[PDB]
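Let me begin by presenting the structure, written as C-alpha cells, before commenting on it.
Chain identifiers are assigned alphabetically (A, B, ...) following the order of the sequence lines, protein sequences preceding nucleic acid strands; residue numbering begins at 1 within each chain. Cropped entry; intra-crop contacts only.
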Amino acid sequence: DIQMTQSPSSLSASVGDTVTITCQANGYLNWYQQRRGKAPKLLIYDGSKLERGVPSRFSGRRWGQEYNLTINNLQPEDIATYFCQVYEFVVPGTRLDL
Amino acid sequence: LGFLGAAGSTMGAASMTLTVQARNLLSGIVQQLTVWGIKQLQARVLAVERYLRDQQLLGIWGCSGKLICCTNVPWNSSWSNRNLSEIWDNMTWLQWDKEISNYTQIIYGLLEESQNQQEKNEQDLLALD
Amino acid sequence: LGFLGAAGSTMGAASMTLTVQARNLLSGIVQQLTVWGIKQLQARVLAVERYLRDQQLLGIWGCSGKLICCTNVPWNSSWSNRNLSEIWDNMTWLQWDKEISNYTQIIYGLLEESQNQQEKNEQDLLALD
Amino acid sequence: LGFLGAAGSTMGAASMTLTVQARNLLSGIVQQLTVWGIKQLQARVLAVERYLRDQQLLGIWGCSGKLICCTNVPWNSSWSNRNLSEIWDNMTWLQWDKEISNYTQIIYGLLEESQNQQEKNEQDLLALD
Amino acid sequence: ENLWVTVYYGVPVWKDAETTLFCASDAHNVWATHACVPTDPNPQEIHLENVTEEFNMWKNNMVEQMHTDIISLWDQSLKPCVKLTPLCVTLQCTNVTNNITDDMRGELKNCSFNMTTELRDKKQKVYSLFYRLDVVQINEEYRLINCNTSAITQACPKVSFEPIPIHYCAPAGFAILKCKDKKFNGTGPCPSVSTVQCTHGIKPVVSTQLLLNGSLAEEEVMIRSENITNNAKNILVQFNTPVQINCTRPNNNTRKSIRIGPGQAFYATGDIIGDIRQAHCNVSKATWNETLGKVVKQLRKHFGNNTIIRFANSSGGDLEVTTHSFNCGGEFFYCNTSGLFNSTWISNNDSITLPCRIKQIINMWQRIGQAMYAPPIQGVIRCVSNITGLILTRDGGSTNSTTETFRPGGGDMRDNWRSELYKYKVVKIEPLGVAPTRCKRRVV
Amino acid sequence: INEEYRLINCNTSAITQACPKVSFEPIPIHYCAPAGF
Amino acid sequence: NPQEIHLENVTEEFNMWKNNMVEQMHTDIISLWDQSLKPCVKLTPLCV
Amino acid sequence: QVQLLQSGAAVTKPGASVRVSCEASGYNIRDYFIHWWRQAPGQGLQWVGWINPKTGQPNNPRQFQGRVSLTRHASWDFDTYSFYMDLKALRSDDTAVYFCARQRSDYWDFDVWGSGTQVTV
Ligand SMILES: *[C@@H]1O[C@H](CO)[C@@H](O[C@@H]2O[C@H](CO)[C@@H](O[C@@H]3O[C@H](CO[C@H]4O[C@H](CO[C@H]5O[C@H](CO)[C@@H](O)[C@H](O)[C@@H]5O)[C@@H](O)[C@H](O[C@H]5O[C@H](CO)[C@@H](O)[C@H](O)[C@@H]5O)[C@@H]4O)[C@@H](O)[C@H](O[C@H]4O[C@H](CO)[C@@H](O)[C@H](O)[C@@H]4O[C@H]4O[C@H](CO)[C@@H](O)[C@H](O)[C@@H]4O)[C@@H]3O)[C@H](O)[C@H]2NC(C)=O)[C@H](O)[C@H]1NC(C)=O
Ligand SMILES: *[C@@H]1O[C@H](CO)[C@@H](O[C@@H]2O[C@H](CO)[C@@H](O[C@@H]3O[C@H](CO[C@H]4O[C@H](CO)[C@@H](O)[C@H](O[C@H]5O[C@H](CO)[C@@H](O)[C@H](O)[C@@H]5O)[C@@H]4O)[C@@H](O)[C@H](O[C@H]4O[C@H](CO)[C@@H](O)[C@H](O)[C@@H]4O[C@H]4O[C@H](CO)[C@@H](O)[C@H](O)[C@@H]4O)[C@@H]3O)[C@H](O)[C@H]2NC(C)=O)[C@H](O)[C@H]1NC(C)=O
Ligand SMILES: *[C@@H]1O[C@H](CO)[C@@H](O[C@@H]2O[C@H](CO)[C@@H](O[C@@H]3O[C@H](CO[C@H]4O[C@H](CO)[C@@H](O)[C@H](O[C@H]5O[C@H](CO)[C@@H](O)[C@H](O)[C@@H]5O)[C@@H]4O)[C@@H](O)[C@H](O[C@H]4O[C@H](CO)[C@@H](O)[C@H](O)[C@@H]4O)[C@@H]3O)[C@H](O)[C@H]2NC(C)=O)[C@H](O)[C@H]1NC(C)=O
Ligand SMILES: *[C@@H]1O[C@H](CO)[C@@H](O[C@@H]2O[C@H](CO)[C@@H](O[C@@H]3O[C@H](CO)[C@@H](O)[C@H](O)[C@@H]3O)[C@H](O)[C@H]2NC(C)=O)[C@H](O)[C@H]1NC(C)=O
Ligand SMILES: *[C@@H]1O[C@H](CO)[C@@H](O[C@@H]2O[C@H](CO)[C@@H](O[C@@H]3O[C@H](CO)[C@@H](O)[C@H](O)[C@@H]3O)[C@H](O)[C@H]2NC(C)=O)[C@H](O)[C@H]1NC(C)=O
Ligand SMILES: *[C@@H]1O[C@H](CO)[C@@H](O[C@@H]2O[C@H](CO)[C@@H](O[C@@H]3O[C@H](CO)[C@@H](O)[C@H](O)[C@@H]3O)[C@H](O)[C@H]2NC(C)=O)[C@H](O)[C@H]1NC(C)=O
Ligand SMILES: *[C@@H]1O[C@H](CO)[C@@H](O[C@@H]2O[C@H](CO)[C@@H](O)[C@H](O)[C@H]2NC(C)=O)[C@H](O)[C@H]1NC(C)=O
Ligand SMILES: *[C@@H]1O[C@H](CO)[C@@H](O[C@@H]2O[C@H](CO)[C@@H](O)[C@H](O)[C@H]2NC(C)=O)[C@H](O)[C@H]1NC(C)=O
Ligand SMILES: *[C@@H]1O[C@H](CO)[C@@H](O[C@@H]2O[C@H](CO)[C@@H](O)[C@H](O)[C@H]2NC(C)=O)[C@H](O)[C@H]1NC(C)=O
Ligand SMILES: *[C@@H]1O[C@H](CO)[C@@H](O[C@@H]2O[C@H](CO)[C@@H](O)[C@H](O)[C@H]2NC(C)=O)[C@H](O)[C@H]1NC(C)=O
Ligand SMILES: *[C@@H]1O[C@H](CO)[C@@H](O[C@@H]2O[C@H](CO)[C@@H](O)[C@H](O)[C@H]2NC(C)=O)[C@H](O)[C@H]1NC(C)=O
Ligand SMILES: *[C@@H]1O[C@H](CO)[C@@H](O[C@@H]2O[C@H](CO)[C@@H](O)[C@H](O)[C@H]2NC(C)=O)[C@H](O)[C@H]1NC(C)=O
Ligand SMILES: *[C@@H]1O[C@H](CO)[C@@H](O)[C@H](O)[C@H]1NC(C)=O
Ligand SMILES: *[C@@H]1O[C@H](CO)[C@@H](O)[C@H](O)[C@H]1NC(C)=O
Ligand SMILES: *[C@@H]1O[C@H](CO)[C@@H](O)[C@H](O)[C@H]1NC(C)=O
Ligand SMILES: *[C@@H]1O[C@H](CO)[C@@H](O)[C@H](O)[C@H]1NC(C)=O
Ligand SMILES: *[C@@H]1O[C@H](CO)[C@@H](O)[C@H](O)[C@H]1NC(C)=O
Ligand SMILES: *[C@@H]1O[C@H](CO)[C@@H](O)[C@H](O)[C@H]1NC(C)=O
Ligand SMILES: *[C@@H]1O[C@H](CO)[C@@H](O)[C@H](O)[C@H]1NC(C)=O
C-alpha cells in the first residue's frame, strides 16, 4: 500500500537562494514542475535522475523512502508549483513564492 | 557423476571431473528451411569458434593437450589474500572465479610472454647447442 | 602411393601411409545462389566438425599431435583371441575394425580416465615436488 | 608494439612478436538479412578453415603448440646461397619468403616423411623397448 | 617459493549468456514443419548439489526468441498460399433465416457476388454463408472487413495448427539451468537448481485470457505480478490443478469449393445441416468456484487478510483481449467469459455454459500488415482442454488496502511463453581458468 | 472451351514462361565427396 | 586431375537402388529448375 | 515531434455525455502506455486511467467505473494514432483540466503531456 508525504507547504525564499523541498514515499519517486495554465513537466525521476533538458540548478537525493529535491541558485523563472509522484498517486502541489 | 557435478564441491575436488567437462564443448550437434536450420548453422559455427579460441590460448601458453598445466608465472599476491589451502579446500571454482575476475587479462598477457615467449627464446638458445 | 593405398595391406603395413591419410581430412575445399552454395557451406562445416572431434579425443587421450601413440591402458583379452603377430600381419585394418567394433566405447572411457585422468593426478603430484 | 610491427625488421628480430601475430588469426569476429550476414558467415568459415590447415600441418610436422620448432630436416643448399647470419640479420622475413617461395612444397613433403614419418617409425621401435 | 598462477581447463564456470536456441522435437504441422531435428529420449537432468542460481523472469530472452520464432513460422507457412484479393467485390446479402435459434439471429448472412472464373475473360455468381463479424456494410450490401487493410490470404488448409511440443536445446558449450523449487518467486536465487542441455517440449498454444495446457504449479496456485505495486503489469496466475473445459461448434458445417484462378481453389461455407446453434463452452461451476477460492488466498499474501477482492466484467478495448480466444479444433473461437468473473470475495447445474463467437478473418498478433482467411471445417467441432492459469490485471487508484479488483487482461503472447520459460535460464560454460600452485614449470 | 478453345492447363496450376535465353542443353555435372569422405 | 586410386586387394559391396546420391540428384535438379523459373514472367493473361 | 495533439475546450449542461481527444505524433505509440489525468482548478492532479494502445485496453479507478471510457484509433496507414476519453454524464465536480500523457518508463515517468483542455459543466 503506497503512501506518501511532503513538507514544502509554500516557500517565501528570495531569488538566488539555493532551496530544497522534501517528500517521502513508498516506492519509486518522480518529481514534477507545473505553472498555472500549463502541463506538468518531469524534473527528476526514480529519486535520482534528471530528465533530459532539465536545468543544472536541479538536483536531489534518495535514502530509502526519503527523497530530497533542490534548486541551486534559484531563478525567478523557477517559481512554480511542484510535485512528488508514485504511479497513479501524486501529492497535492506545493509552491515557490516571494 | 555427470556434467557440472563439480559445481557442488571445492576447487580441488573439481579436478576430478575435468575430462567430463571437456566432453560437451562440441557435443550434441553430432547428429542431424531457412528457419531453424540457419539457426542451427549459426550454433554450429559458434561452438566451433569458442572451442578454437580456447585451444589457441593453450597453444600459446604451452598448456595444450592438458587439462592441468604448470606455468612458470608467479602472480602478484595482491590479487587474493587467503592461505592456499583456504582457497582450494572451501569454494566452488566459480566462486573463486568471481574473485579473480578483475585480474584475468593481466594474467593472460603474462602467460604469453613472461614465460612462453621467453621460454621460446631460451628454447632457441638450447636449439643452438 | 596415394590415399587409401593401405587398404591393400595388413595393419602393420598400413602404418606407412598414416600421414597421407591425414592429408585429406580438411582437403579439397581449399579453393572456391542458395542451391549448391548452401550445400557447400554445410559440407565445410561438417568437415570441420568431424576433424575437431577427433582432435578433441586425442587431446583427452594425450595422443595429440601423433599418428601413433602409446597408451598405458591394458585391454581385456576377451575382446579378441589371436596371437598379436597373427593380427598385425594378416588383415586389412578395416577387417580388424569390424572385430573390435563392439568394444570401442569401453576403450574410449578407459583412455579418458584409467590412464589420462589418473596420469594427470599423478602429474599434479609431480608438479608439487 | 602491435600486429605486423616485425615487418620493419630483420628475420631474427621478427621472432620477438610471433605470439602477437598469432593473436589475430581468429580475432575480430568474437562479438556479434541474407545480405552481409551471409557474408559474415562465409568469413567466419574461412577464418576457421585456414587456421585449421596450419594446425594440421604443425601436427604433422610435430611442431604443434610451438611458434618455433626444430625440425631434423637438412635442406638442399642450392635453394639459397648466403651466409646464415647474412640472411637472418638483414631482411624482412617476407623478402626472404620471396626467395624461398619456389621450394616450399619440397620442404613440406620432407617434413612429413623424411623426419616425421621416419621418427614415428623409430618412436614405435622405442615403444617396443 | 612464492605461488605461481597456473592453467586449468574444463573447470565449471557459469556466465549469463544468450545464444540462439536450437529447435528439437519428439519424432504437416506448422509449429514444427517436421524440420526440427528429432531428439533423444534421454532427459538426463543433473542435480547440482550445493548450488544456487539467480533466475529472473521477464529478463530471459528465450522468451523473445520464442516469440519471434513462431512468427517466422507462421509467415513461412503462409508464403506458399494463394491470395484472396478477388474477394473485395461487394456483396449482396440477407440475414439467414433458415432454422435459426433465436439467440443466433443475424449471426450469419447469406451473400453473393460477381467474382471471376478462373478464365481471364469470364465471371460467375458466387455465394456463401458468412459470419457477420467478417463483414462491414459497404455504406450505411457488404464488403469484407479487411478490404481497407492489408489484403487477406488463405490456402493450404491441410497444414495443421494443432500445437505440438517444441524443445529447445543449448548450443554445445552452453547449458540450461533450471529451478525446481515449487515456491519460486518469478525472480531471484533458487536452491533447487539442476541442469539440462535441452528442455522438454512446450506447446505453441495460445490464449487471450486464460492459460491452456500449461504445466501445473508444483504445490499451490501461484502468482507472478513482477513488482506488484505497479498495476500496469500483467499478473500471472498459475493453477496447481487442471480445470477441464469442453467446447463445441454444434453446427454441422459443410464446405464448398471455388476456382478463382488456375490452380486456385477457394474455400467457402456450405449451408449448415440442421438447426443453427451458438458455439459454446462448458466448465465445472463448482470447480471454478473452488479454484477461485484458491486464488484469492494467494492474492491475500500481499494484503491484509480481511481485504476485499473482486472480479469483474471486462473493461472492453479490442475484441482480441475483450474476449477469450482460441484456435482449438483448427478454428478460431471467442467467448464471453465475463460471467466467470461475476463474483466478489470477503473475509470468512454443476457447470456453466459460456456463449461464443466465430470470426474467419484472422489478424494475427498485434500486426496489421497481414490478414488471413480461416477455411471452414466440415462437421461439428469438439474441443477438450485443461485450463492451467489466468492472465489478470488490477485496477489502479485503490485506497486503504481494500476492494482490489481484477480482470482478464494482457494477451501479449510473450506472457504465454513466460508461463513456461520462467523455469529456465541459459548460461555459458567457461572451462578455462587458473589457480595458484606450489608448482613452477619444469626446465626444458 | 465447350463441346473455341482454352489452354489445356487453365484448370490446373498456372502456366508461366520467360527467360528463353537460358539453355536447357545438358552439361555434365560432377559430384565430389566432402573432405573426410 | 581424376586421380583414381586403385585399391589393391579389396572388395566392396555396392547396392544399386540403395544409394541416396540418386535421390539427391533427383531433387537437386528440381530445385534448379524452379530456380531458373522463379525470375520468369507469369502467363496468366492467356486464359482468355 | 513526439508531442501529442490536444483537443479544444468545451462546456456542456449537466448530465451530458462528452468526448475529448489527443493524437500521437513523433514516436511509435505501440511502445508506450497512454494516460489520462485531470485536475480541478486550484487542485492537485488526479489520475484518470491508462490505455494500452496496442490493444485498446483501459484501466480505471473504482471511482470512475461505469462512467468513463477510453478508446484508441489509428490511421489506416498507421502513421497516426488517436485517443479519446468519454464521459457518460456530467456533474459540477467533473469540471477539470483534462490531459493526455505518455508513460516513458515503468516508473510512470511522464515526459510528454498534452497542453490539456478545459472541460466545464
Ligand atoms: C519492486 O519495486 C520496488 C518499489 O520501487 C523497488 O524498490 C526497492 O525495494 C527494495 C527492497 O524492498 C530496496 O532494497 C533495499 O533498500 C534499502 C534502502 O536503500 C537505500 O538506503 C541506503 C541507506 O539505507 C540505510 O539507511 C536508511 C535510512 O536512512 C534505512 O531505511 C535503511 O534501512 C538502511 O538502514 C542507501 O545507501 C542506498 O543508496 C546507496 O546505494 C545505492 C546502491 O544500492 C546507490 O545507487 C546509491 O547512490 C547509494 O550509494 C539507498 O538509498 C536498503 O536499506 C536495503 O539494504 C538491505 O537489504 C539488501 C537486500 O534486500 C542487503 O543486500 C543490504 O545489505 C541491506 O540488508 C540489511 O538490512 C536488512 C533490513 O533493512 C536485513 O534483512 C539484512 O540482512 C541486512 O542487515 C536494500 O538495498 C530498494 O532500495 C528499493 N528501491 C529504491 C529505489 O530504494 C524494488 O527494487 C522492486 N523489486 C524488484 C525485485 O523488482
Ligand atoms: C489442450 O491440449 C489438448 C491435448 O493436446 C488438446 O486436445 C486435443 O486437441 C486436438 C485439437 O483440438 C484434438 O485433435 C483433433 O481430434 C480429432 C479426433 O481425433 C480422434 O478421433 C478420430 C476420429 O474422430 C480418430 O481418427 C483419431 O485417431 C488418431 O488419434 C489417435 C490418438 O488419440 C491415434 O491412435 C490414431 O491412430 C489417430 O492418429 C482420434 O482418436 C481429429 O479428428 C482431428 O484431426 C483432424 O483434423 C486435423 C486438423 O486439425 C487433421 O490434421 C486430421 O487429419 C483430421 O482431419 C480429418 O478429419 C476431418 C473430419 O473429421 C476432415 O475434414 C479432414 O479433411 C481429415 O480428413 C484432431 O486431431 C484432440 O482430439 C484433442 N484431444 C482430446 C482429448 O480432446 C486441446 O486442443 C488443447 N487446447 C489448447 C487450447 O491448445
Ligand atoms: C460488461 O457488462 C456490461 C453490463 O453488464 C455490458 O454493458 C452493456 O452491454 C449491452 C450490449 O453491449 C448494452 O445494451 C445495448 O444498448 C444499446 C443502446 O441502449 C440504450 O437504449 C436503451 C433503450 O434502447 C436503454 O435501455 C439503455 O439504457 C441502459 O444503458 C444506459 C447506459 O448507456 C444506462 O444508464 C441505463 O440504465 C441502462 O442500463 C440505453 O440507454 C442497444 O442499442 C442495444 O440493443 C441492440 O443490440 C442488442 C444486442 O446486443 C439487440 O438485442 C437489440 O435488439 C438491439 O439491436 C443493447 O441493449 C448495455 O447498455 C451495456 N450497459 C451499459 C451500462 O452501457 C457489457 O457489454 C459487458 N462487456 C462486454 C465486452 O460485452
Ligand atoms: C556441500 O558443500 C560442502 C562444502 O561446501 C561439502 O562438505 C563436505 O562434506 C563431506 C562429506 O559430508 C566431508 O567429508 C568428510 O571429511 C572427513 C574429514 O577429513 C574425511 O575424513 C571423510 O572421509 C569425508 O570425506 C567434508 O569435510 C566437507 N567439507 C569440505 C569438503 O570442505 C559437501 O560435500 C557438499 N555436499 C555435496 C553433496 O556436494
Ligand atoms: C595382397 O594381399 C596379401 C595379403 O593379404 C599380400 O601378400 C603378401 O605379398 C607379398 C609380395 O607378394 C609377400 O612379400 C614377400 O614376403 C617375403 C617373406 O619374408 C619377404 O622376404 C619378401 O621381401 C616380400 O616382402 C608377403 O609375404 C605376402 N603376405 C603377407 C604380407 O602377409 C599382398 O602383398 C597383397 N597385394 C597387394 C598388391 O597389396
Ligand atoms: C630500418 O631498417 C634497418 C635495417 O633494414 C634497421 O637498421 C638498424 O637500426 C638499428 C638502430 O638504428 C641498429 O641498431 C644498433 O646497432 C648497434 C650495432 O651493434 C647496437 O650495438 C645498438 O645497440 C643498436 O641496436 C642496427 O644496426 C641497424 N641494422 C640492422 C638491424 O641490420 C632499422 O632498425 C629499421 N628501422 C626501424 C624503425 O625498424
Ligand atoms: C452483378 O453484376 C451484374 C451486371 O454485371 C448486376 O446486374 C446489373 O445490376 C444493375 C443494378 O443492380 C443494373 O443496372 C444492370 O442492368 C444489371 N445487369 C443486367 C445485365 O441486367 C448485378 O446486380 C450484380 N450483382 C450484385 C450482387 O451486385
Ligand atoms: C466434458 O465433457 C465430457 C463428456 O461430455 C466429460 O467426460 C466425462 O468424464 C467422467 C469422469 O471420468 C466420465 O465418468 C464420463 O463418462 C465422461 N462423459 C462421457 C460422455 O464420456 C467431462 O467430465 C466434461 N468436463 C467438464 C469440466 O465438464
Ligand atoms: C454443455 O453442457 C450443457 C449442460 O451441462 C449442455 O446443455 C444441455 O443441452 C441438452 C441438449 O442441447 C439439453 O437437453 C440439456 O437440458 C442442456 N443442459 C442444461 C443444464 O441446460 C450442452 O450440450 C453442453 N455443450 C457442450 C459443447 O458440451
Ligand atoms: C454433417 O451432416 C452430413 C450430412 O448432412 C453428414 O454426412 C453423412 O455422413 C454419413 C457417414 O459418413 C453418411 O452415411 C451420410 O450419407 C452423410 N449424409 C449425407 C446427406 O450425405 C455428417 O456425418 C454430419 N457431421 C457429423 C459430424 O456427423
Ligand atoms: C489434463 O491434464 C492432466 C494432468 O496433466 C492430464 O491427466 C494426466 O494424464 C496422463 C495420461 O493420461 C497421466 O499420465 C497423468 O498422471 C495425468 N495427470 C495426473 C495429475 O494424474 C489430462 O490427460 C489432461 N487432459 C487431456 C484431455 O489430456
Ligand atoms: C477500415 O474502414 C472502416 C470503415 O469502412 C473503418 O471503420 C471505422 O471503425 C470505427 C470503429 O468501429 C467507426 O467509428 C467508423 O465509423 C468506422 N468507419 C466506417 C466506414 O464504418 C476502419 O477504421 C478502417 N481501417 C483503417 C485502417 O482505416
Ligand atoms: C603487486 O601488483 C600491484 C599492482 O598490480 C603493484 O602496484 C605492486 O608493486 C605489486 N607488488 C608485488 C610484490 O608484486
Ligand atoms: C571487480 O571490479 C569491480 C569494479 O572495478 C568491483 O565492483 C568488483 O567488486 C570487483 N570484483 C572482484 C572479484 O575483483
Ligand atoms: C574381461 O572382461 C569381461 C567383460 O568385459 C569380464 O567379465 C572379465 O572378468 C574380464 N577378465 C579379465 C581377465 O580381464
Ligand atoms: C557385434 O555385436 C553384434 C550384436 O551384438 C553381433 O551381431 C556382431 O557379430 C558383433 N561383431 C563383433 C565384431 O563384435
Ligand atoms: C640439391 O638439389 C638439387 C635439386 O633440388 C639436386 O640436383 C642436387 O643433387 C642436390 N645436391 C645436394 C648436395 O643437396
Ligand atoms: C620462382 O620461379 C619463377 C618461375 O619459375 C621465377 O620467375 C622466380 O624468379 C623464382 N623466384 C624465386 C624466389 O625462386
Ligand atoms: C437484417 O438484420 C438487421 C439486424 O440484425 C436488421 O437491421 C435488418 O433490417 C435485417 N434485414 C432483413 C432483410 O431481414
Main binding partner of chains A and H in this structure, as named by the PDB entry?
-> gp120
Which of 3BNC117, ABBV-323, BIIB054, ARGX-117 at chains A and H | 3BNC117
Please list, by chain letter, the other chains with any heavy atom under 4.5 Å from 3BNC117.
-> E
Find the chain of 3BNC117 that tops the heavy atom pair count within 4.5 Å of chain E.
-> chain H
